[PDB]
Visitor: 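Structure with sulthiame, see below.
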Amino acid sequence: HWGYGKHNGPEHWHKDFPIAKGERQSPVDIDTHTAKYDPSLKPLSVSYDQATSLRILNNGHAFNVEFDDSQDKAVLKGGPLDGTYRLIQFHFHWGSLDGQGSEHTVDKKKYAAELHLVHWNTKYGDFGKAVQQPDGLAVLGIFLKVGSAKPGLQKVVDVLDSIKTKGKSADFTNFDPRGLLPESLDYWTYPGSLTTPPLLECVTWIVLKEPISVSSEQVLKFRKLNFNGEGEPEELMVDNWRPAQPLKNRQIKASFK
Ligand SMILES: NS(=O)(=O)c1ccc(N2CCCCS2(=O)=O)cc1
Ligand SMILES: [Hg+2]
Ligand SMILES: [Zn+2]
């Protein structure tokens with residue numbers, strides 16, 4: 001099955017998921033000089049004060065911090081979005097080295113990691129139905145660079161010992177996603193896709209201009225995770241990012257002048 005290795009990685013995905021070569025695939029390079037400021041964009045609203053985290057899961061390609069999405073408790077609205085999108089989970093993509101790891105690039109620059117806060121359009125009733133829709137999802141993407149520690153990340157870092165291998169999960173209640181956000185909500189936005197199989201073209205991407213900083217030791221613990229299940233040969237969970245895909249005649253919009 002699909003992975004990030006030489007034999008099952010991004011170059012292979014198209015054979016099982018033909019949409020890999022579609023018209024609105026993600027991630028993309030954000031060419032900052034080609035991006036246009038959009039005055040019709042409303043202010044971005046991130047409402048995570050009532051957020052209810054439940055669990056953290058190693059799914060064999062990254063780890064998901066899952067939330068209770070049965071009521072409007074953590075929501076994303078405004079910006080390019082019509083209606084309300086509920087937070088279901090967040091996860092990261094990272095590299096084997098600090099000079100790579102992000103999925104989106106900015107003027108071809110790769111960051112050490114990228115955080116994805118995944119949201120589904122409430123008019124569609126659940127996540128499964130939302131991913132059948134062109135505007136089913138909204139993913140808020142945040143770049144990670146190496147520098148000072150992110151205090152709001154440490155609770156995540158510390159539990160990774162407990163979910164080392166594929167299929168392992170751990171209780172992860174009372175985690176506050178607000179501690180993962182940068183100061184500014186300035187962003188780029190474009191229509192795109194899931195960056196992993198099934199690569200469904202359902203996402204409004206909202207990628208924040210301001211990266212967060214994480215410490216070397218925080219990122220190092222990400223790299224100690226395993227792609228494999230327990231009792232199988234160890235394959236370090238690193239370089240779980242898809243490279244930039246063709247923009248194809250889509251326009252990236254900026255929230256800022
Ligand atoms: N990387 S991404 O586009 O934000 C992304 C968001 C959600 C998902 N998933 C959809 C398939 C089932 C659960 S999931 O987390 O793996 C995969 C990728
Ligand atoms: Hg879709
Ligand atoms: Zn992702």
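For this chain, numbers begin at 1 and follow the sequence in order. Whatever order the structure lists them in is the order used to number ligands and atoms, beginning at 1. According to its header, this structure was worked out by X-ray crystallography, 1.9 Å.
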Visitor: Is it possible to name all ligands or chains that make up sulthiame, including repeats?
Guide: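 Copies included, the answer is ligand 1.
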Visitor: Which chain forms the chief contact surface with sulthiame, and what is its name in the PDB entry?
Guide: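 With more contacts than any other chain, that's Carbonic anhydrase 2.
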Visitor: Heavy atoms under 4.0 Å from sulthiame: which residues of other chains qualify?
Guide: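 The site of sulthiame, heavy atoms only, is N64, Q89, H91, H93, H116, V118, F127, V139, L194, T195, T196, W205.
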Visitor: Enumerate residues in chain A that UniProt marks as binding Zn(2+) and that sit less than 4.0 Å from sulthiame by heavy atoms.
Guide: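 Per UniProt, the ones with a heavy atom under 4.0 Å: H91, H93, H116.
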Visitor: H116 heavy atoms, cut-off 4.0 Å: which sulthiame atoms fall inside?
Guide: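 Checking each atom against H116, I get 1 (N), 4 (O).
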Visitor: Among all the protein's heavy atoms, is there at least one whose distance to atom 6 (C) of sulthiame comes out below 4.0 Å?
Guide: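 Protein heavy atom within 4.0 Å of atom 6 (C) of sulthiame: present.
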Visitor: Provide the number and element of each atom of sulthiame under 4.0 Å from a heavy atom of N64.
Guide: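 Here the atoms of sulthiame in question are 15 (O).
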Visitor: Quick check: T195 and sulthiame, any N/O pair under 3.5 Å apart?
Guide: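 In this structure, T195 places an N or O atom under 3.5 Å from an N or O of sulthiame.
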Visitor: Under 4.0 Å from a heavy atom of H93: which atoms of sulthiame are those, numbered in the order shown and with their elements?
Guide: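 Near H93, the atoms of sulthiame are 1 (N).
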Visitor: How close does the nearest protein non-hydrogen atom get to atom 14 (S) of sulthiame, and which residue and atom is it?
Guide: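 Result: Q89 NE2, 3.9 Å.
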Visitor: Which residues overlap between the UniProt substrate-binding set of chain A and the residues with a heavy atom under 4.0 Å from sulthiame?
Guide: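 Of the UniProt binders, a heavy atom is that close in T195, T196.
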Visitor: Point out the UniProt domain of chain A where most residues touching sulthiame sit.
Guide: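 Most sit in the UniProt domain Alpha-carbonic anhydrase.
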Visitor: As an exercise, identify every atom of sulthiame less than 4.0 angstrom from a heavy atom of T196.
Guide: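 Sulthiame atoms under the 4.0 Å threshold to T196: 17 (C), 18 (C).
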Visitor: So, regarding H91 and sulthiame (criterion: nitrogen or oxygen to nitrogen or oxygen, under 3.5 Å), is there a contact or not?
Guide: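 Between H91 and sulthiame (N or O atoms, distance only) the closest approach is under 3.5 Å.
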Visitor: Among protein heavy atoms, which sits nearest to atom 11 (C) of sulthiame, and what does the distance come to when rounded to 0.1 Å?
Guide: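 Answer, as residue, atom name and distance: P198 CD, 4.4 Å.
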Visitor: Please provide the UniProt active-site residue in chain A nearest to sulthiame and the shortest heavy-atom distance, rounded to 1 Å.
Guide: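 Going by UniProt and non-hydrogen distances, it's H61, 4 Å.
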